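Entry with fedratinib: notes follow.
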Amino acid sequence: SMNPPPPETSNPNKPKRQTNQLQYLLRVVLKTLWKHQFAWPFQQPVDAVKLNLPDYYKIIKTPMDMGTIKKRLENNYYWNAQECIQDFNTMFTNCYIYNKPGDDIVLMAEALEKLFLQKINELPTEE
Ligand SMILES: Cc1cnc(Nc2ccc(OCCN3CCCC3)cc2)nc1Nc1cccc(S(=O)(=O)NC(C)(C)C)c1
């Protein structure tokens, strides 16, 4: 089978705002995770065709990845910081769901999640 279309990253019908928290999510959180040595499996939608994973999109029905999150942030797609944090959580939980405890890919996600949570603990109060 084909891959699904990627998640939406722009919708001109959606209102936009910039907030200090969304700025921090792009400029600090996403920038820090992106450069991590384990970030590469998470930087774009899973290409189940190229990776030969016929069951991936049978199991993962709410796909998410950092490439999508980056594009959402750069497009001002998100209104609330919590939408973006939810997308990161979806990405990490999808990894845990598809794979098994102690798999290398799971240890990679665990390391990125720990860093994510450290950076979110420093999320500035909304202004
Ligand atoms: C976000 C994500 C979540 N879970 C997975 N799990 C996963 C994906 C592919 C897997 O394929 C096993 C056999 N292939 C591994 C490389 C040779 C053939 C096994 C597990 N991959 C993910 N992303 C991913 C992205 C690019 C490449 C790869 S990979 O195919 O190189 N698989 C890993 C070695 C990283 C597990 C995986």
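Sequence positions for chain A are given in the PDB entry numbering; the residues included correspond to 42-168, in order. Note that ligands are numbered from 1 as they come in the structure, with each ligand's atoms numbered from 1 the same way. Values below: all heavy atoms of this structure, side chains included; hydrogens, waters and symmetry mates excluded.
- Per UniProt, the macromolecule making the most contacts with fedratinib (ligand 1) here is Bromodomain-containing protein 4.
- At 4.0 Å, heavy atom to atom, the residues around fedratinib (ligand 1) are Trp81, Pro82, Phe83, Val87, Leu92, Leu94, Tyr139, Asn140, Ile146.
- For atom 8 (C) of fedratinib (ligand 1), the closest non-hydrogen atom on the protein side is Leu94 CD1, 3.6 Å.
- Among all non-hydrogen protein atoms, the one lying nearest atom 3 (C) of fedratinib (ligand 1) is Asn140 ND2, 3.8 Å.
- Atom 33 (C) of fedratinib (ligand 1) is never approached by the protein to below 4.0 angstrom, counting heavy atoms only.
- Mapped onto UniProt domains, most residues of chain A near fedratinib (ligand 1) sit in Bromo 1.
- There is a protein heavy atom closer than 4.0 angstrom to atom 23 (N) of fedratinib (ligand 1).
- Nearest protein neighbour of atom 25 (C) of fedratinib (ligand 1), counting heavy atoms only, is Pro82 O, 3.4 Å.
- The PDB records the biological source of chain A as Homo sapiens.
- In terms of protein heavy-atom proximity, atom 30 (O) of fedratinib (ligand 1) is closest to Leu92 CD2, 3.5 Å.
- Within the 4.0 angstrom cut-off, atom 17 (C) of fedratinib (ligand 1) has no protein heavy-atom neighbours.
- For atom 14 (N) of fedratinib (ligand 1), the nearest protein heavy atom is 4.0 Å or more away.
- Per-atom contact check: atom 1 (C) of fedratinib (ligand 1) touches the protein, criterion being a heavy-atom distance below 4.0 Å.
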